[PDB]
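Shown here: PF-3758309 bound to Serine/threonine-protein kinase PAK 6.
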Amino acid sequence: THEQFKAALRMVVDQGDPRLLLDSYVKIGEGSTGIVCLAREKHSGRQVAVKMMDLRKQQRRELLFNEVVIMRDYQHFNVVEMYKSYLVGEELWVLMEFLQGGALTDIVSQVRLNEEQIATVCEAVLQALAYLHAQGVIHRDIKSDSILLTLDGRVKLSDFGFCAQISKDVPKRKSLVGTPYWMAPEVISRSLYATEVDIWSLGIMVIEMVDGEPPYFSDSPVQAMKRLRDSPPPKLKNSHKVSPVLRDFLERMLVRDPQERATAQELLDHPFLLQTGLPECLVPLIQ
Ligand SMILES: Cc1nc(Nc2n[nH]c3c2CN(C(=O)N[C@H](CN(C)C)c2ccccc2)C3(C)C)c2sccc2n1
């Protein structure tokens, strides 16, 4: 029942009503589970982003635990910070850092990144993934929308709602979870899978950074999923434009066999990442 689920969720959040510890609430966007408001912490004056999501209105309410548990448990230089979380009425509120550089999706819809910029983004995402994968966390929703930027070009992985924490008793999942165009073939097939699915989704995000959109984006989501499931691996449209070293980097991610697919640790050691830039190199994309 709703109250039973609410009581369980309550075990993982900070205690109390946060409404009087915040002011200046302004709605700044919406997302799949709810809204995001900017607000100000009275005690400190710190501006925070607050995700607000109704426990009754979700597709799969159990995934609300991920909104809190993952950032509670896991911290990293390239992972968004959570400050506090609360239950307010029938809503879960999660207080997060406000990243003012926006999402990578809003850059790639405008311009193509150069290779130094692609390597900078990939190195940051791979450091977060190597760390999360080592802890048994599968993200399951890697795509440019999940990548947020600070004003000085620091890259942070966000959107942990679809996460799976695997364990010794259930070391693999088989659920159909993700965003269609970025889902690995083994996820679409409902085969047992683990961390490798995030490497395939990162390869689709590299295609977004080179081409502007993922493969099959003119198809409906189900039709794209059928093509990803059955067809040979997708290619860059702009394959002619990229270095041999970048092409090799991407080829090692978009591999159908999940065992042969590169791990995050393997990719961190790839020569493509020898020419990663400084955070500053992304700042021209945000101004
Ligand atoms: C809304 C918004 N947020 C920005 N900065 C932020 N800083 N911190 C955060 C955001 C947006 N955030 C976020 O969770 N958004 C997702 C959507 N995905 C695609 C990223 C979402 C929102 C509501 C419900 C479910 C999911 C957090 C981490 C709070 C910025 S910067 C310029 C415009 C802008 N507009």
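What you see of chain A is 386-672, where the numbers are those given in the PDB entry. We read in the header that X-ray crystallography, 1.4 Å was used to get this structure. All values below were derived from every heavy atom in this structure, side-chain atoms included, with hydrogens, water molecules and symmetry-related copies excluded. Read the numbers this way: they start at 1 and go in the same order the structure lists the ligands and their atoms.
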I'd love to know the binding site of PF-3758309 (ligand 1) - heavy atoms within 4.0 Å, chain and number please. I413, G416, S417, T418, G419, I420, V421, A434, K436, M481, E482, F483, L484, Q485, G487, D530, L533, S543, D544
How far is atom 10 (C) of PF-3758309 (ligand 1) from its nearest protein heavy atom, and which residue and atom is that? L533 CD1, 4.1 Å
Near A434, which atoms of PF-3758309 (ligand 1) are under 4.0 Å from a heavy atom of that residue? 8 (N), 29 (C)
Backbone or side chain, does any N or O of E415 fall under 3.5 Å from an N or O of PF-3758309 (ligand 1)? no
What is the UniProt domain of chain A where most contacts with PF-3758309 (ligand 1) occur? Protein kinase
For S543, atoms of PF-3758309 (ligand 1) separated by under 4.0 Å from a heavy atom: 28 (C)
Please list, in number order, the atoms of PF-3758309 (ligand 1) under 4.0 Å from a heavy atom of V421. 22 (C), 23 (C)
Using a plain distance cutoff, I'd like to know if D544 has any nitrogen or oxygen under 3.5 Å from a nitrogen or oxygen of PF-3758309 (ligand 1). yes
Considering only heavy atoms, which residues of chain A annotated by UniProt as ATP-binding lie under 4.0 Å from PF-3758309 (ligand 1)? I413, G416, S417, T418, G419, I420, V421, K436
Closest non-hydrogen protein atom to atom 8 (N) of PF-3758309 (ligand 1), residue and atom name please, with distance? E482 O, 2.8 Å
Which PF-3758309 (ligand 1) atoms, with their elements, are less than 4.0 angstrom from a heavy-atom of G487? 31 (S)
Atom 26 (C) of PF-3758309 (ligand 1): nearest protein contact (heavy atom, Å): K436 NZ, 3.6 Å
Which residue from the UniProt active-site annotation for chain A is closest to PF-3758309 (ligand 1), and what is the minimum heavy-atom distance to 1 Å? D526, 7 Å
Are any of the N/O atoms on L484, whether in the backbone or the side chain, positioned under 3.5 angstrom from an N/O atom of PF-3758309 (ligand 1)? yes
Against heavy atoms of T418, which atoms of PF-3758309 (ligand 1) measure under 4.0 Å? 24 (C), 25 (C)
Would you confirm whether any non-hydrogen atom of the protein falls under 4.0 Å from atom 29 (C) of PF-3758309 (ligand 1)? yes
Give the atom numbers and elements of PF-3758309 (ligand 1) that come within less than 4.0 Å of a heavy atom of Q485. 31 (S)
Among all the protein's non-hydrogen atoms, which is closest to atom 3 (N) of PF-3758309 (ligand 1), and how far away is it? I413 CD1, 3.9 Å
What do you think, any protein heavy atom under 4.0 angstrom from atom 34 (C) of PF-3758309 (ligand 1)? no
